[PDB]
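Note: structure shows afamelanotide engaged with Melanocortin-1 receptor.
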Amino acid sequence: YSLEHXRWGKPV
Amino acid sequence: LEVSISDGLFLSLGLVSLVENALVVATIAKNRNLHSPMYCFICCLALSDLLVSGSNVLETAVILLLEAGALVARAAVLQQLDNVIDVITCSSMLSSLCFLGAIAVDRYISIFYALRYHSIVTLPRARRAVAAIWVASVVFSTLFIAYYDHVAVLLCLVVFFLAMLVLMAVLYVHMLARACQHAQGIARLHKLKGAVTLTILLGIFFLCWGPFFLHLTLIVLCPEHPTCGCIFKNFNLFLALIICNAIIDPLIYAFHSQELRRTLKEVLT
Amino acid sequence: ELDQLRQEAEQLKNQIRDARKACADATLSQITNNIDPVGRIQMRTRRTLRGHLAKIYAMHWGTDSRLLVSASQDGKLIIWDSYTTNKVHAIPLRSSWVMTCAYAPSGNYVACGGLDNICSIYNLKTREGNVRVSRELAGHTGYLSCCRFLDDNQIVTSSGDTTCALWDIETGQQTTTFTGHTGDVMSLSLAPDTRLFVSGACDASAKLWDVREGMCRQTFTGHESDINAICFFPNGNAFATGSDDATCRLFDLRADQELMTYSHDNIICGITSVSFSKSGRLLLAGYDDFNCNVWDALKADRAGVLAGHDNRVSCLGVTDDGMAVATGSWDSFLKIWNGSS
Amino acid sequence: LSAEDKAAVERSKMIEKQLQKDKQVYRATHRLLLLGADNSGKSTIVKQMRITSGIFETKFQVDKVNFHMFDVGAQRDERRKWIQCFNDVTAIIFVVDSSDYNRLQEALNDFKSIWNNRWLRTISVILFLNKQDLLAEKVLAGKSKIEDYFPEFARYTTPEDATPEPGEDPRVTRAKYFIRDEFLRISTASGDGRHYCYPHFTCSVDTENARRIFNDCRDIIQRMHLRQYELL
Amino acid sequence: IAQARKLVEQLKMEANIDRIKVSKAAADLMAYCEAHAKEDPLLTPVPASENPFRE
Amino acid sequence: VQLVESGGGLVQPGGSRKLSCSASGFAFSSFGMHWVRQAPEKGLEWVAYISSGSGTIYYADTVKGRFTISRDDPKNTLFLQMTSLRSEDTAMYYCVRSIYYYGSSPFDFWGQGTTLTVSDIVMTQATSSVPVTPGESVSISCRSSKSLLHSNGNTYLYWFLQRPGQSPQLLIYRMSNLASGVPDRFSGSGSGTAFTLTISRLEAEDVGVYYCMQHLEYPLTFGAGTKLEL
Ligand SMILES: [Ca+2]
């Protein structure tokens, strides 16, 4: 949903 | 602390980078003296840095279009779009990092097996290694993005980065031992630059990739400590540093070649 | 005594220079000052031939204008079909350091030689179907720099021994040795009649030899360094010369002197090979700089440049039909060029 | 394509397979140019390594590395055109007759000519100061001496890091390393560091010289790649 | 010395050879170029249908 | 050059036989090799082809599932392993070398043949025979159902002469081009669809059956042949 740059950019 | 890397900066750096790496690929394609396993690995590195910069560019464009609302899209189609662009990004990372290792290994064989070098490394074997790297890397990056909520994925990424680190360390420091031995022999016949070169190679390597794998290490080992929260807020700085790799590695590896620079001049004219 | 001969040599050189200055009533630049500029000749690489393994030192076209012999440090001759890019033959040489090859006007034979100081005549059209050495010409006492067939049985052959020799291939012997040169003979061009040839040497001179009379008909001395390359104008009564000095110069046989000097201050490096186009209107010169430049042979201006090579352009040749120029280089590639309007 | 064009392209492919095999041979082979005057005894080096024609290809092998050593000979006394061919050899081997002092000066000028040549700016020279036995004998006889030919050999005194053989007299050491230093002054003079000079003292009795050339080419190629990598 | 006598005789020959004026030579080369200009595919590029290396 | 075919003799129907041909004095590995068979009273029929390096292998539909052609270049020996032999395979089998590059003359040499007894473009040669005299300027017509002029400009009509006690011999490879050994008394011409051999002055060595053949595409069919009777 949120779609964020890269991956694992925030915990869990 | 937070270095608030804007989407405009991701666009700028990724565009500049894919431009530069595309120049590198055109310059190797046009100059057939550069059809050699060394420059094959440099071309494949430049391709991995192009694909990573372009995937960051494409992701930044998609997120800008969504933030503008110029694209409206369901959740599922965007989740799969995210998955695809993340697979291209992660594969091109793993491949770029592998091609940094492959360049290190090619250089190492060219020194310590110098006489047998063109028997041990060949365009057949170079193209095999390149294909195995990209194919294995799509396999792995698909497994990583599918299981991205499993800490085993993040540890596989970190452990891969560390194996490349201990590799390139063993390697370039043996090449620098032999450089010092050559410098001694030169001094004896004739009656620092290698250290600077390693500081640029391994420093831009560690200082641009390592923040991201430190981040992954803290996502595994430290999901909730506030100092780890401070590091997590800088994740865009860390991707922009990986694009700084995609910028500087052309300069480190490719444009040290005089014949590349000459072809780059005739490509740009 | 010797002093009298050295003096009469100086006197006769002065006589020759006076006769040339007497003939020099107008320059080619003046007579051709009003002929139309040829304009930019944007030639394109129609084929690249990619099979060679080391520095290509020579190529020669067949009269058929599509078969193409090419010699390289790898110790191969490759016969190329230019049209298809197919390798018609790959010939293992007995010496790696070949430096010249020639394709016979019949195409029955290809010649090559080099630091072996030997020309191997290879029969392309055996009944056994492998290419094999028809004759192994020996008698040269120095490296073999250029060779050109006159006939299925005659080859003219320059050497770093400062001589050229005409050989009877069926007997393997020199039927005439040309011995007025005082330095390594680098370049060789048969007149289209094959009764005369010019050979250029590191004595900075080009000499015109009567193939059958056997003596120097006349000598040309305008260059400042080694004449790496020589080529008759298709009329057979003028020839161009390329030197280690970056100029090429066109000498007329009957005027006995330079008509024209092709040079540009941007070009600071030796000419490696020279060929005219079928009209003679274009003079194509390979360079140490990896370009080969196209010159207006009449007006002496740089009508174009062929820029695709990655190393010293070692050899040029225009087809006898004139449809294309082939260009070999030290990068091991052999590119065929023409425009297409 | 016609059936005959299909078969001709098949033939071209098969020739390309053979050329690729020869590319394996040719890049596994390291080419060497064996220079030196007629006094140098380079022919004896050829013979001891092998155990009107203008060029002799001496093939030899060390530790599965093939070397082709081109003893160019029966050429005219101007080298300046055919040395252009040996651009992109791994090394030039330059044998010097260390004994022949009056010809030692022209050997030095000829070394300068190779080292400074625009086509050789990157091609390292393996000096073999051959006939070192005859040099030892001449100096221990003492009948004629380097000082008769090079007065700097008064000023010159043995390097602090010279390593004589156990039976070697220090005056033989002085002669050896003075000749060495004479060549090295030219090399360290004009060399940008693109190329280096690797002097080895040798005699006819050397079986080691194949090992010497193997080690020298290994060092040449290492220095070359490190220069390309900006590590040296 | 025989070599210098040969060199003298060769220069005597080069001296004695007949020469035309450079204007006539230049005119003959220019005339050959003009009379063979259309016959030169590198000078005047042949149509793409006609070119042996395209279509 | 001495292609010598071996094998042959009788077989029963349904039988199997391996023909072979030793190449003797030529660079066998660089040649493609063909098998061509002649039924006892009938024209030539192409059987199989194997390229240099065995890359290309082609067969006629009359044999395609049944015969396999192979070569041992180190031995300089060609093979044709026949299986499920049938009465229509009774023929003299000729081994025929071929080499393909610009200007090459393929089919230039034919072996002596081995007889085996089992107990498409159409080439038309409407003259089954022509009666002829020494010194006469005879011409042999051939016609094709497809224009043998290919876009590369070649016109792939070959002409062969089989003299009464001999193998075939190549006379013309492309319709103009005489073979390296043959009298210029022979010549060829044609339109791509229709063709003539010409023999400007006959002599007894010209007596035989003249076969045209197309090499535009496999299966590489021969004509019925024109006999010349002196
Ligand atoms: Ca993402």
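Here is how names work: the chains are called A, B, and so on, in the same order as the sequence lines, proteins then strands, and each is numbered from 1. Modified residues: shown as parent amino acid or X; atoms beyond the parent skipped.
In this structure, the ligands or chains belonging to afamelanotide are chain A. Other chains near afamelanotide (chain A) (heavy atoms under 4.5 Å), by letter: B. The 4.5 Å heavy-atom shell around afamelanotide (chain A) contains B:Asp7, B:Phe10, B:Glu59, B:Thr60, B:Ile63, B:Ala75, B:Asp82, B:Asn83, B:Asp86, B:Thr89, B:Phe144, B:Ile145, B:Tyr148, B:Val153, B:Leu154, B:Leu157, B:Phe212, B:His215, B:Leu216, B:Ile219, B:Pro223, B:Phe232, B:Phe235, B:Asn236, B:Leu239. The heavy-atom interface of afamelanotide (chain A) with chain B (cut-off 4.5 Å) consists of A:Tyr1, A:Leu3, A:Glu4, A:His5, A:Unk6, A:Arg7, A:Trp8, A:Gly9, A:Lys10, A:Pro11. In this PDB deposit, the label for chain A reads Afamelanotide.
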